[PDB]
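Complex: danoprevir / Genome polyprotein.
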Amino acid sequence: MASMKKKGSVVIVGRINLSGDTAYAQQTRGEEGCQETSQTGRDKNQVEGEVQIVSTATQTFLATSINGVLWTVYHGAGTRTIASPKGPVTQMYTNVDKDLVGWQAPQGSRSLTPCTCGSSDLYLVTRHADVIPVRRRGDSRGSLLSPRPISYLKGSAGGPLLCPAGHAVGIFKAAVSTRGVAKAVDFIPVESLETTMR
Ligand SMILES: CC(C)(C)OC(=O)N[C@H]1CCCCC/C=C\[C@@H]2C[C@@]2(C(=O)NS(=O)(=O)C2CC2)NC(=O)[C@@H]2C[C@@H](OC(=O)n3cc4cccc(F)c4c3)CN2C1=O
Ligand SMILES: [Zn+2]
């Protein structure tokens, strides 16, 4: 018992910058700082933007602010706290059945607005700042207009699908692939986030 370890916090290590005319990834913390911050849960870096790049000791993925909550996938974060300026912050939402977790959005972050357009022309934002057109095919699936190897999508769970007007439509959860080629993506619809918030 005396030697049982604690898991680290999720740490924000960068962002996908969507503020201008060009989407691009920025790193804000390197590996040594990430490891230290995961242990203390104390991250004094300034946070900006809607889409964060996040890491644990073993994985890296995305997290997206919508309605004042920073959302990501359970299969990346588990039940972990997130690092913040005053120490670890406990999840305010956890739903393994939806593959969804959320923490209060970091000070400095900006939130996407939930889409009410009812549009099926979507855009997936990856951890490499690719903006991939996706045609909505149901409540929680969309097809890639141009299929890609799953290598391209790995590490982007937790990122957003957006409508033409830049509203949040969903959170990327899983790739639908055959022979290593992603033809479609599954996502957690924003309506499901809004229900979880109640
Ligand atoms: C569901 C279906 C149709 C059978 O498909 C698939 O299972 N396909 C696979 C294809 C894997 C190849 C890589 C694909 C590339 C990118 C994938 C987006 C991604 C990712 O980037 N993760 S990550 O590297 O950032 C990672 C660090 C965070 N997610 C995954 O890998 C997830 C994770 C795992 O699924 C889950 O644990 N759960 C738990 C769930 C609970 C409820 C509901 C769910 F659906 C759940 C899905 C399998 N996954 C797939 O996608
Ligand atoms: Zn919209």
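Residues take their numbers from the sequence shown, with the count starting at 1. Note that ligands are numbered from 1 as they come in the structure, with each ligand's atoms numbered from 1 the same way. Only heavy atoms go into these numbers, but all of them, side chains included; no hydrogens, no water, no symmetry mates.
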Exercise for the section: Specify every chain or ligand assigned to danoprevir. Expected result: ligand 1
Handout entry: Contacts of danoprevir (ligand 1) at 4.0 Å, non-hydrogen
Key = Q59, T60, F61, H75, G76, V96, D97, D99, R141, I150, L153, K154, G155, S156, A157, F172, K173, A174, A175, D186
Exercise for the section: Report the nearest protein non-hydrogen atom to atom 3 (C) of danoprevir (ligand 1): residue, atom name, distance rounded to 0.1 Å. Expected result: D186 OD2, 3.4 Å
Practice task
State whether any protein heavy atom lies less than 4.0 Å from atom 48 (C) of danoprevir (ligand 1).
Solution key: no
Handout entry: Species of chain A according to the entry
Key = Hepatitis C virus subtype 1a
Practice task
Flag atom 27 (C) of danoprevir (ligand 1) as yes if some protein heavy-atom distance to it falls below 4.0 Å, otherwise no.
Solution key: yes
Practice task
State whether the shortest distance between N or O atoms of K98 and N or O atoms of danoprevir (ligand 1) falls below 3.5 angstrom.
Solution key: no
Problem - Ligand/ion neighbours of danoprevir (ligand 1) at under 4.0 Å - result: none
Problem - Distance from atom 23 (S) of danoprevir (ligand 1) to nearest protein heavy atom, with residue and atom - result: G155 N, 3.7 Å
Handout entry: Backbone or side-chain N or O of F61 under 3.5 Å from danoprevir (ligand 1) N or O
Key = no
Exercise for the section: Consider every N or O of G76 and every N or O of danoprevir (ligand 1), then say whether any pair is closer than 3.5 Å. Expected result: no
Exercise for the section: Mark whether atom 35 (O) of danoprevir (ligand 1) lies under 4.0 angstrom from at least one protein heavy atom. Expected result: no
Problem - atom 12 (C) of danoprevir (ligand 1) within contact range, any protein heavy atom under 4.0 Å - result: yes
Problem - Closest protein heavy atom (residue, atom, distance) for atom 45 (F) of danoprevir (ligand 1) - result: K173 CE, 2.9 Å
